Novice: 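Just downloaded a structure that has tiagabine in it.
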Amino acid sequence: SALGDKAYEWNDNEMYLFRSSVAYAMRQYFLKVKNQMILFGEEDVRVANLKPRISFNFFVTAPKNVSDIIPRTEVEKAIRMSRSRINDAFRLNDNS
Amino acid sequence: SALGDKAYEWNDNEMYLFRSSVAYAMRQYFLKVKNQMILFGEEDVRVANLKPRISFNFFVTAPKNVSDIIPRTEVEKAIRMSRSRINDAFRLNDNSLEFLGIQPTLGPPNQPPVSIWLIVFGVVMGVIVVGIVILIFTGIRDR
Amino acid sequence: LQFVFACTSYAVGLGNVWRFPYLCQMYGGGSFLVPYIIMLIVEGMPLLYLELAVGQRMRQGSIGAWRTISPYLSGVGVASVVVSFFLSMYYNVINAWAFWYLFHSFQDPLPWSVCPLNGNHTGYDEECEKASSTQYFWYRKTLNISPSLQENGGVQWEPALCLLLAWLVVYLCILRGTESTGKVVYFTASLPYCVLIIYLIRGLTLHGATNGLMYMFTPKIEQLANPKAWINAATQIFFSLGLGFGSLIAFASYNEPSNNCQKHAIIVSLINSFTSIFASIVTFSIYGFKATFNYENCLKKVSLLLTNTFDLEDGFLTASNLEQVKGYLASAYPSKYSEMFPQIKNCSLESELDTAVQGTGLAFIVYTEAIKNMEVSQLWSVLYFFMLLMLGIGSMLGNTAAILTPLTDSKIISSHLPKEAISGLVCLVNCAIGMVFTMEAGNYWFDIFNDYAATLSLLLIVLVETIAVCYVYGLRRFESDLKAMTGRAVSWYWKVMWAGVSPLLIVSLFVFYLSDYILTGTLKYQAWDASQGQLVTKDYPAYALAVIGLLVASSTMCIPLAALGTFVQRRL
Amino acid sequence: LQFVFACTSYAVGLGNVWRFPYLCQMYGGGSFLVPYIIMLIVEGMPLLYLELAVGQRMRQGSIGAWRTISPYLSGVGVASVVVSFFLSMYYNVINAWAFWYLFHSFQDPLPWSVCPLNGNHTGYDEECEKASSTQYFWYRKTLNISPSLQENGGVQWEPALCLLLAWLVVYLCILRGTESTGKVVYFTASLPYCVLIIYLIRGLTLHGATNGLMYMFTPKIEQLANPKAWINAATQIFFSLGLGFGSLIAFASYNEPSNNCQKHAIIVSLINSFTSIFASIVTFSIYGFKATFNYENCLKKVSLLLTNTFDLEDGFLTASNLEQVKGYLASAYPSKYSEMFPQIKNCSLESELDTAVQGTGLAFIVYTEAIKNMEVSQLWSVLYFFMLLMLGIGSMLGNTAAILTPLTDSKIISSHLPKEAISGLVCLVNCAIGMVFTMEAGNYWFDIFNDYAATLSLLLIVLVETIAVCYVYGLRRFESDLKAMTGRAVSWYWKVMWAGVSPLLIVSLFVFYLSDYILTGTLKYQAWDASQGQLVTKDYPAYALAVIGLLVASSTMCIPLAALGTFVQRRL
Ligand SMILES: *[C@@H]1O[C@H](CO)[C@@H](O[C@@H]2O[C@H](CO)[C@@H](O)[C@H](O)[C@H]2NC(C)=O)[C@H](O)[C@H]1NC(C)=O
Ligand SMILES: *[C@@H]1O[C@H](CO)[C@@H](O[C@@H]2O[C@H](CO)[C@@H](O)[C@H](O)[C@H]2NC(C)=O)[C@H](O)[C@H]1NC(C)=O
Ligand SMILES: *[C@@H]1O[C@H](CO)[C@@H](O[C@@H]2O[C@H](CO)[C@@H](O)[C@H](O)[C@H]2NC(C)=O)[C@H](O)[C@H]1NC(C)=O
Ligand SMILES: *[C@@H]1O[C@H](CO)[C@@H](O[C@@H]2O[C@H](CO)[C@@H](O)[C@H](O)[C@H]2NC(C)=O)[C@H](O)[C@H]1NC(C)=O
Ligand SMILES: Cc1ccsc1C(=CCCN1CCC[C@@H](C(=O)O)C1)c1sccc1C
Ligand SMILES: Cc1ccsc1C(=CCCN1CCC[C@@H](C(=O)O)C1)c1sccc1C
Ligand SMILES: *[C@@H]1O[C@H](CO)[C@@H](O)[C@H](O)[C@H]1NC(C)=O
Ligand SMILES: *[C@@H]1O[C@H](CO)[C@@H](O)[C@H](O)[C@H]1NC(C)=O
């Protein structure tokens, strides 16, 4: 829809890049708001229900604590802050 | 130089993003060229000599093998392939992300297919000769 | 009414816009305006109006006027004719260049806007880094100027054929003879100014344009010391007014012998000076903008080099604090700083401004610069090139009307030859002799024919005319406060120039010119020097001196020949 | 020569550009083109030429002509004057709207190009996804049309204004009286066509334009059945040519009594038809483009909804394979497919094309659509609006000349009243009575004054005129094939169309129209229905029927009044 042509194939590397970007956004939110240093990693972003539509569910946990789940509201706020920086990473325009 | 204003401050998270992007580029090169499956990680991109100019040396190793250093030429090829995808990640335009050994060049501009000046001068010279001939003929006819 | 003024506008030409700004730039700007004002207020008016009066009263050509005054005085018209023909050959090349630029102004993106890439396809040409895109286009794309005058190459293909096209255009305009009109002249006189307003607006709306204004306005002291400015200004004003060519006299003879010629002269001079000043303003605004841009680029390059070397934080090193940072860095690391010093450059705003673009084709390499940052470049480019073309065509039409008229009375040859055939032969001969400005080194020949010792015999022609008027045949027996000049402005105080100080004025700067010629004993011409990208000075060869000497002699020795030609008949 | 054609080009008006395409769209397009031609050859030409000849031969005003023929035929001119007045009141509002659009065409970015956002600031207004930006601008920003005629609101501010400013412009144009000219007519006639070429070019460069042309050319069967298309085409051609107004006759009087009036009539009719056809081409191209775009959006929305619902790969589901994928998905998961079936829509190109934009202001909402996708919208917008304004001004000048003439002869009042005061009083009276068209539901009243019971008496005027001609006063006692009228049109078979078929044709469609009027027993006016974004039909109220009946009766009973007046003379 966005690129029309020259669209890169969505392989595992794209998912890795997406997870790293999400972790970067979470780090930025926890640094510039709560004044805390949390070292998130790409393994802290759990993904599920991968679809050919490139649609999936995801969530974020503590750096090394499986039994700790970040509440959805804070993740939503972080995504709100860093959506502009996420968009150009994949050449998308907030409509795709 | 690139953004001028609204430039984000360079903190550790930017370095993390850069390392992840480099690992992604290396994965792409090792997948789409040599047909091998290598799981690079951000911890396999060693960096050193950080300066306020945002200048630093770096290199890449094997997934879990310290004594294995990827030779420089393959890294150069991977960067050459994925520079376009790296540049827009940080909103740079290849003028503020020089790699000191990789110069960009793609697309020789060759616009003119017909040399418009030649055909324009041709039509003008044709019209001027026909005009001068018809005028001299009219003058002769008018004695 | 307004029709008289619209008709009188025709006095503007391709010397006020093409040639005046180049001279103004060449001699410092502000130091060049005041001699122009003096020469206009003391020299142009008396000679112009006296001529006009002579043309009105004599009712005949300049040759017949010379016969009326003195058989010895014959030949001045012949010298003026030769001067006009010499002017015409190198004049038409300006129209040729205008045609070339107009034809090339149809491509997109426009040329002289981007630079050809190097053979590596990894960067731009080093010549473009040295000389800007406009300079590269005007020196290598359209002229291919040789490094030195001594070196010469074969004739080129585009300039020759374009010159031919312009010459046939001139020939057609002569043959049609559809010059008489009364309504389109309004449009032809209004187009130049209305075209110039757009460029004035764009020049004034750009950053740094005011620096050009201070440069061209503020006079200097050292520049005024040189005498060559005075002779150059006198030649410029003579060329612009056109006196001494024998064309005015004609016109005046054409019109009815009852008109206030003095009002015509003053209204011509005022509009000429005003148009010249307006054009100088418009050009120098863009020139100052370009100089400021180059100075900023110099500062940016130096800043980038320093930042890369010393790894200073970006943006911290600004233009204002350059000296403090330089001193602090020299203190911090004196050894490597001293080693790097020779590699360091220093921006110089003043030297850059007074010498940024120079040479004959200044107006071509400035406005094209302005073209490269238009909203729609092609439109205004076409309008400006069309205005230049029409002005050049009008000027060519003139000096032709000037050349043809004396040869028209030659019934001895015209008895078996129609005037059209003679005009065509003259046009072809002049086109052929103008071919010498189309090789890789013809540009230097063109500057010699236009600037260096060019049309200087006009000064001696005017001097001879005024001394002839000052004799007993003038204001003592003939033109002695007669009623025939409409009974007004009869023997007023204006004589104190045209019968008084003006002759001396002619020799006052001539003596300075000849004194400097022998004192210096050296002449320098500008060379392109593509190896660096800036013009340099070189010495003229001996044969150049010989050819310029014979050129001035050809118009100098005419009167002594007529003296003997009359004395031989007087003997019997 | 060319001046004759330039003068006859004043036959063009707003009945060719603003009203013809609206009617063409209203009645199916192609099915409306063919009757017009049949009503062009047999109806307009003979009646127009006969009138013109009668006006030329009579050499006096229409009222005096009627008195000369018989006291029985007196009064028809009064009905014509009343008809012209009623036309003018609702005609000036078009100029008012054009002024409004021109005034609003100065902003940047232009309106009707982007849509105002919702009160949440997150999305667009729901009205915009219902109706496009141009439709929203024309229906809510500049009209604020009420949902129904029964609903009423206060008189608005901006329309009344535009109407007042336009009316004072018209009054000034009347007072100056600078109608006589022979040089500007070239420009006033060249502007319309030259402006239309640019829009034709743009329409041809837009995707999907061919479908609009095919729609406008291909006739239909269902539309041709109704007689209302025929009567509306007859009214359209009558209004465009101007029969029954009494202005042509008056023109003739000034015209020199030596000219082939048949040549004039054919040369005006052909020009009018050609201009109308050209305008219809230009409008329907853009209309087809808009319809195609809406159809594509309809397809895209359904495709996106299906892809999101069933998680199909993007780009895989195309328009070509839509039906196959629909059937396959219905087969695969019938339950939830049937559940969400009501959310599916079918994109019907034909039904979207025949009903895409409708109503009176079609020409306003189409060209503006063609404006928002131009490189420099403001330029062509200004040219188009200025052309519309000047054409409306000329038409209003003609109407004012028609209305003013009968009141001029009233010496009883003009003895102590200047003509300027009478003209001003008439202008203000017409403006005040036309204030109703500036009120919130006034658009319905405007459509009433334009379509229903509007200018229907014109056919009756034509019928009584040709009946009077068919009597002894035509071809039998007066104008009996006399040689006085240049010896032409003397008992030619041309007389046949104005003595044969046409008088029968006046009543041929009348009976058909009144047959359906009573048989159907229903009548619908279109309304905006902002809740959905599409026009819907509603029934006229009783008082609307009463008012249109009174309006038609006001022009109907004029003849019986004259009959009663002359009955006393008839009896004795
Ligand atoms: C990992 O996360 C869990 C839950 O966030 C932490 O458990 C907290 O501490 C005790 C442990 O039973 C509970 O009573 C608290 O309710 C827990 N807090 C919350 C918000 O649920 C656990 O301590 C964490 N472990 C580490 C090593 O960080
Ligand atoms: C890590 O990379 C080094 C470098 O290749 C590997 O060391 C080599 O081991 C092979 C046999 O496996 C020897 O033939 C080479 O002589 C070794 N070095 C060289 C020069 O390649 C090492 O095996 C890799 N893996 C680990 C766990 O260290
Ligand atoms: C830049 O720095 C200064 C300013 O021009 C130059 O230093 C000059 O060095 C010359 C040669 O010894 C001295 O004669 C001058 O006195 C120094 N300063 C001046 C006033 O010029 C230096 O050469 C410049 N670097 C360049 C031009 O490359
Ligand atoms: C146009 O789209 C409508 C959508 O309603 C379709 O109408 C359906 O008609 C079928 C039978 O032909 C019914 O079984 C459905 O209940 C209707 N759709 C609904 C209400 O869900 C129709 O398929 C399309 N074509 C026409 C001519 O209407
Ligand atoms: C000033 C004036 C007053 C009445 S005429 C007249 C013109 C003489 C100078 C114009 N050119 C003379 C040659 C150079 C040319 C240029 O540099 O462009 C200008 C003449 S002379 C014959 C016709 C006309 C208009
Ligand atoms: C056709 C013709 C031939 C000679 S005149 C003339 C014109 C009559 C119709 C024009 N309008 C009549 C009213 C409506 C208007 C419009 O819809 O725009 C057009 C007249 S009548 C008085 C002046 C002119 C030019
Ligand atoms: C370009 O020319 C050759 C080909 O790449 C190369 O060796 C040389 O270094 C380059 N020099 C430039 C930049 O002109
Ligand atoms: C927008 O604002 C209106 C008015 O308060 C409100 O009714 C509606 O729910 C809002 N819609 C949103 C939040 O998009």
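Chain letters run alphabetically, one per sequence line, in listed order. We number chain A the way the PDB entry does; in order, the residues shown are 626-721. Heads up, chain B uses the PDB entry numbers, so what you see runs 626-768. Note that chain C carries the PDB entry numbering, so the residues on display, from first to last, are 12-583. Numbers in chain D come straight from the PDB entry, and the residues shown are 12-583, in order. Keep in mind that the numbers below use all heavy atoms, side chains included, and drop hydrogens, waters and symmetry copies. Lab note: partial entry displayed, contacts enumerated inside displayed portion only. Each ligand, and each atom within it, is numbered from 1 in the order the structure gives.
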Novice: Which parts of the structure correspond to tiagabine, copies included?
Specialist: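 That would be ligands 5 and 6.
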Novice: Supply the name from UniProt of whichever chain has more contacts with tiagabine (ligand 5) than any other.
Specialist: Sodium- and chloride-dependent transporter XTRP3
Novice: List the other chains that have a heavy atom under 4.0 Å from tiagabine (ligand 5).
Specialist: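 Heavy-atom contacts come from C.
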Novice: According to the deposited model, which residue and atom hold a covalent bond to tiagabine (ligand 5)?
Specialist: none
Novice: Which TM segments of chain C end up near tiagabine (ligand 5), like under 4.0 Å by heavy-atom distance? Count them from the N terminus as UniProt has them.
Specialist: 1, 6, 8
Novice: Any idea which residues from other chains are within 4.0 Å of tiagabine (ligand 5), non-hydrogen atoms only?
Specialist: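 The binding site of tiagabine (ligand 5) (heavy atoms) is C:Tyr21, C:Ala22, C:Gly24, C:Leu25, C:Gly26, C:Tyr102, C:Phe250, C:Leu252, C:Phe256, C:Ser258, C:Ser406, C:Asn410.
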